Amino acid sequence: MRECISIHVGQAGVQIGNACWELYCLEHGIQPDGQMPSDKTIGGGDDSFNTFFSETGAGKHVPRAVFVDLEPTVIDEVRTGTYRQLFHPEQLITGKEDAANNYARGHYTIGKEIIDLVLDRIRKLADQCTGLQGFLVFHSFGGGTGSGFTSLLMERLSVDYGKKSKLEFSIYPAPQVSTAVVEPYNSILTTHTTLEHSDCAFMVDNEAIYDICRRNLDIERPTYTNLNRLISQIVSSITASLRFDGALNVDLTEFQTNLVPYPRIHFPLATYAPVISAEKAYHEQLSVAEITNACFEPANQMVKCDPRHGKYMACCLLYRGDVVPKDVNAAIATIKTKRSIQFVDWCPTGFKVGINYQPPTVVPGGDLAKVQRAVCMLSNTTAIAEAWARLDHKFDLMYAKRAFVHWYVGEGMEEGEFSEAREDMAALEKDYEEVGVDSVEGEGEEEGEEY
Amino acid sequence: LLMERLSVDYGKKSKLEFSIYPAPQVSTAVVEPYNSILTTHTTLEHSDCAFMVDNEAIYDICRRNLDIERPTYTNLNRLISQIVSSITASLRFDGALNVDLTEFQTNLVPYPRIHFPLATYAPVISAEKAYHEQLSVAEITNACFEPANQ
Amino acid sequence: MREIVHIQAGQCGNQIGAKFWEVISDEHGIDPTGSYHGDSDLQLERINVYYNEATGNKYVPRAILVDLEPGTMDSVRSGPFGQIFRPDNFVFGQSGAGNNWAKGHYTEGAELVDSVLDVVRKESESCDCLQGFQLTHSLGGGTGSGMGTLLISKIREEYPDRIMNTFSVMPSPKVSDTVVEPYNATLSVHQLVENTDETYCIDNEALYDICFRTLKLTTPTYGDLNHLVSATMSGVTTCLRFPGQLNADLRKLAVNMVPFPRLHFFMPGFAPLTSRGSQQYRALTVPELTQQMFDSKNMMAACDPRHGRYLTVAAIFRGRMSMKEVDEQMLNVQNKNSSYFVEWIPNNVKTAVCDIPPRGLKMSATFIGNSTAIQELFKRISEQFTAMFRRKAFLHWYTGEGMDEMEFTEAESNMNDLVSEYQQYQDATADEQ
Amino acid sequence: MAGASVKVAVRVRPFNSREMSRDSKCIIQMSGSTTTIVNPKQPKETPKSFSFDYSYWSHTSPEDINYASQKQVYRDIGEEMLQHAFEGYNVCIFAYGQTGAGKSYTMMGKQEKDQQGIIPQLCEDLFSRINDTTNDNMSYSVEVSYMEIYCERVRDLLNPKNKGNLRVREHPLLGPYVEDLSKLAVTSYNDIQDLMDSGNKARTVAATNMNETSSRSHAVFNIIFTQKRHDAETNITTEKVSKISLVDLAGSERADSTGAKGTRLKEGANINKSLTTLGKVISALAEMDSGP
Ligand SMILES: CC(=O)O[C@H]1C(=O)[C@@]2(C)[C@H]([C@H](OC(=O)c3ccccc3)[C@]3(O)C[C@H](OC(=O)[C@H](O)[C@@H](NC(=O)c4ccccc4)c4ccccc4)C(C)=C1C3(C)C)[C@]1(OC(C)=O)CO[C@@H]1C[C@@H]2O
Ligand SMILES: Nc1nc2c(ncn2[C@@H]2O[C@H](COP(=O)(O)OP(=O)(O)OP(=O)(O)O)[C@@H](O)[C@H]2O)c(=O)[nH]1
Ligand SMILES: Nc1ncnc2c1ncn2[C@@H]1O[C@H](COP(=O)(O)OP(=O)(O)NP(=O)(O)O)[C@@H](O)[C@H]1O
Ligand SMILES: Nc1nc2c(ncn2[C@@H]2O[C@H](COP(=O)(O)OP(=O)(O)O)[C@@H](O)[C@H]2O)c(=O)[nH]1
Ligand SMILES: [Mg+2]
């Protein structure tokens, strides 16, 4: 039994959860009301996969999900939407104000009195599992709730459960476009907790998705639904290894064993290669080599950073559909001989390969074409530091004058935390700088049997 | 082990051997020489007269005389069986001059430690070549001394 | 009565074992349900080597299946030969090792090893006269390498006079499906060098090369590679099951092939291979089998035998053939390629002949070579291992499960000694100094 | 590094009570550095003969000419090897023989402490030399350990606990070693005698046709020896460290002699394997010494 618990905090978290659960209900043949007519027609099967859904005696299937947010509107929407009967009515929404883009409000002042309910419901969900795998936490940096409340949650889960893997999906402020003025402060603050308590945090930017949607899918006016659908597709690709049979299966422990060199380096980038509209789905082969090459291209990166400016430390490839190992073997051999892709000299192997037989599904009303083959790449590299370095500058420009600081201090924080935070982000970048350097000389190669 | 125990128990009765010695070139084992050298002691002390044969020689005889280009162990075994039958024929059937098993030992071994004679059978010939030839007594006696027939 | 107990751990070992049992069941004419529907009489003569007898003339194999995740057990049970195995031998846990050697050998495997050993003892005590064991596994993974080495250690401690074999899939030079492979391969070879009498080295790259070039397959899949390996496994132990003109048990191959105790890593091979649609052009005879068998491109070890010297070779033939042809061909192979055979062994080719060939092949042969070129594999692993150990690439995942750095070093030393020992009997003369 | 100068010695003991009771005959005869031995059942062909670097005739106890006295053999071997030890290099003694031949004797000596074997002479010269040499500007440390090899498993003798197997390891700089191997310090040779007796009581022994008490396992008695200097400077350092390994080898075995089945044959087989490996390494070391 391979179960895993989904947590959704903040507005970005719950919209991503909406797209996710739509996709999963479509994958498992589950109606929006929770009934599955496939088993009734066939007479029985394993289609009620226990990973995300728990099956009751009456035949209903409830999701192993816990939504949380301080604004009732974004979840009053889903309490009266199409999927109002899918979710358990205990949703843990606070009937109060919101963090108001304030880490201190979400962590110290309003974060209390709601934390307890969330841990009891997570305990109740965990008690129903036999051999729980881990947590998938969805939230967004920059938001008051998604930063502070997520930090408090992460701390309490680390104290309680400890050994369970706790993966994170997050939305970083973009270089240029932004939706708020105090994004850097909340980022610099939650980095200290996402560094220690998370085990592997996946990292996504909005501008990259906008460029990908404009270029490949030919959508000139994208909205948040398309972004959430792409993220949901990625999470499906990650989790499909423990829901369907495959030639080479990759569990959630193999991820961390294969993608995290040192304990403080767990910030991979994510990519989905065959993103293409229905019209352009023709006139192309979409062979395994094509999608494998398209993963590595800088343009298809889902965070605004150039891989060519760093060095690759690890890569995980997860294929879906009609894929045989020899094509992946040839594609890896072709990539290893390219000179624009540099691998560090302390990882001669470099790659992890996983293959799954279930092909990707097509959401009605979506934009992604039906394809026979798909691949998702998760690459741990040093270029990510650049994406951090930019934001830091803005925070210092904001901190040198002490702008907007009385709001944070009034909610119960002090100035040294802002100070302590900068130091923490300052170091992490140092570590990313050290791991990228080549070996020195070995300090050896002495003479010997010179006789 | 068996020859040791038999020599202890019975003692005075004769004991003959018919053994396959390793060939100079071809063999079906890598640890053959150790086994042969370790065996030579008990072959020497206890046995009274030991005959030796070689698979390579019999292969060459089969190729040259019987025109069998791909012989197997059955043919070699048949030839050895003919040898042993000719050895023991004097005990069974009537003859003008009869030779017992002990007469072989009395006439063939000079000293106790040199009881290692070779054996040969002269008229090995195929049915097709059985004609075109007389196979008289002198011919077979001469063929027995040919070095190629050993 | 020479009984063999078969074990298999990990995904790779389980898949290979499934294909192997399908092959052997075809050989002896056992239906998937377990009943006998063969034609010849000799098939039941020695069925007790691999099978036990149930009540209603039904046979059940001696397989023991081990893993730390239920996925592969479910896959094997829901298969063409799922119901042939005994249900009580499916031993498994949950939350598998996850490509982590320490989890497999020191933490998670320590719980399942007792149950696995109990089942192994139960199966072994029922045999009339046990000969040896087997184990199919892969060194690049967690469950396979870890649990396999632990099982080998415990069983060798318990039964010290029987013959332990193993068919191990080594990491490949180029094609790689894990990133932490060298640690697992090294910390493992460290145990296989000590606790095993014979090891046969398999590599994915060589098998892919055979499929692409010899068999001319356009889309090779893992079923084919399992097929090849299973054919070899069946070929090795033929003389225990069928009569012949010159027999060779596992122990005879052990005695003849191994000069010194720590040199027991073999390169296997099988002939012939017509690739289909080319059978009518190729005439099948013993010289053709010997020609294809010794070819450098036929091996499944991904080592070039021309870069070293053959310490010893063994050829097991299956069919009706003349012994003179076999002996002459082996002599010719030895003489014509005298540079590639060591000089201080006067003859280094064991030969055996069996009378019953495979399903639809007038003749067949299998090859077990022992040469110094295999050292290259170990050297390559070392050339990766240290490159990841100088800067401690992925070490914290291993030390978090209780393993002192010293264990890593005590091993890189052991494999390096193995490479040096093989390198000694490699130069084609030794004099002067 | 130093040349592998291996010294081969053989020694003949006198008669025991049982042999004296029977009308036995002496068959070993020595001359110079060559010893010859005859067959009682085959007295016609020839004696067999061997040559060794040292041949010692301790057959006739009251003999005055060419008698191999224990002080003599100690001067031959132990004095020079203790001198080598004090230079800071390692020393190894191997004792070999079959029940009766007289191994222990050469290693220990008589019980009246009047004619001392190798061990008392070496240890007393070590202790005495140091006691009559140490000064304010030097310090000496001595420790002892005692282990056994049985069926390729290491077992401790000094420790009286349950005799579980220990685990050999390989410290990267210091070489092979054994975990949880008891190590103790000693002050005088009486302490070493007490520890040696206590350990010898714990050795595994089994009866056979040849003798009622036969060694079934090898033993190693290690003496760790350390010298520390106090120079006219704040930096106080250890000059060097040396080890003395006094080793007892079990005799070669043949089912043509020990007809027991089961564990007894297995122990003999393992013993023979170990002896063959030991001879293989020792001869190679001598060749290494000889070549250059
Ligand atoms: C000429 C003919 O009749 O067809 C052959 C054939 O074309 C060849 C190419 C066969 C064929 O093998 C393959 O195509 C193949 C594919 C992937 C991996 C390995 C082999 C054959 O499939 C394989 C099959 O072999 C057997 O049936 C043997 O008994 C073999 N057993 C199995 O293959 C087997 C597999 C699964 C289940 C049960 C049996 C065997 C050999 C030695 C010891 C034990 C078993 C045969 C005769 C052939 C075909 C059908 C084309 C070859 O295989 C064997 C083992 O015989 C490939 O090299 C040989 C040479 C043959 O000429
Ligand atoms: N990709 C994507 N990003 C989103 C989505 N919704 C919100 N965001 C991001 O979220 C950021 C705003 O912070 P939020 O996470 O919404 O903070 P919050 O949930 O409103 O919590 P409070 O600030 O306390 O009200 C914006 O900058 C967006 O980039 C979404 O649906 N998709
Ligand atoms: N060279 C010698 N001179 C005088 N007495 C000796 C001599 N060698 C041995 N002895 C004595 O004669 C007996 C023979 O020694 P013994 O204790 O039987 O050794 P062992 O049984 O041969 N030892 P081992 O080979 O390890 O089994 C003992 O009483 C010795 O003290
Ligand atoms: N020959 C062969 N090798 C395989 C197969 N499946 C996986 N492998 C190899 O096994 C390695 C991974 O080992 P794995 O099975 O995960 O080890 P485990 O997790 O402990 O069972 C990969 O590098 C593959 O090359 C197979 O069907 N055949
Ligand atoms: Mg909000």
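The sequence lines are taken in order and lettered A, B, and onward as chains. Numbers in chain A track the PDB entry; the residues on display, in order, are 1-451. The residue numbers of chain B are those assigned by the PDB entry, with the residues present covering 152-301 sequentially. All chain C residue numbers match the PDB entry; in order, they span 1-433. Chain D is numbered as in the PDB entry; shown residues: 1-292, in order. Start at 1 and go down the list; that is how both ligands and their atoms are numbered. Contacts here are counted within a displayed part of the entry, not across the full deposit.
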Task: Largest contact partner of ligand 1 (naming from the PDB entry) - done: Tubulin beta-2B chain
TODO: Indicate which of rifamycin SV, Taxol, zosurabalpin, lopinavir, suramin is modeled at ligand 1.
DONE: Taxol
Task: Chains in contact with Taxol (heavy atoms under 4.0 Å) - done: C
Task: Origin organism of chain C per PDB - done: Sus scrofa
- [ ] State which residues lie within 4.0 Å of Taxol, judged on heavy atoms.
- [x] C:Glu22, C:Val23, C:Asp26, C:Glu27, C:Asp224, C:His227, C:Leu228, C:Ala231, C:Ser234, C:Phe270, C:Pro272, C:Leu273, C:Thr274, C:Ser275, C:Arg276, C:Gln279, C:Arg318, C:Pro358, C:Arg359, C:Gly360, C:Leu361
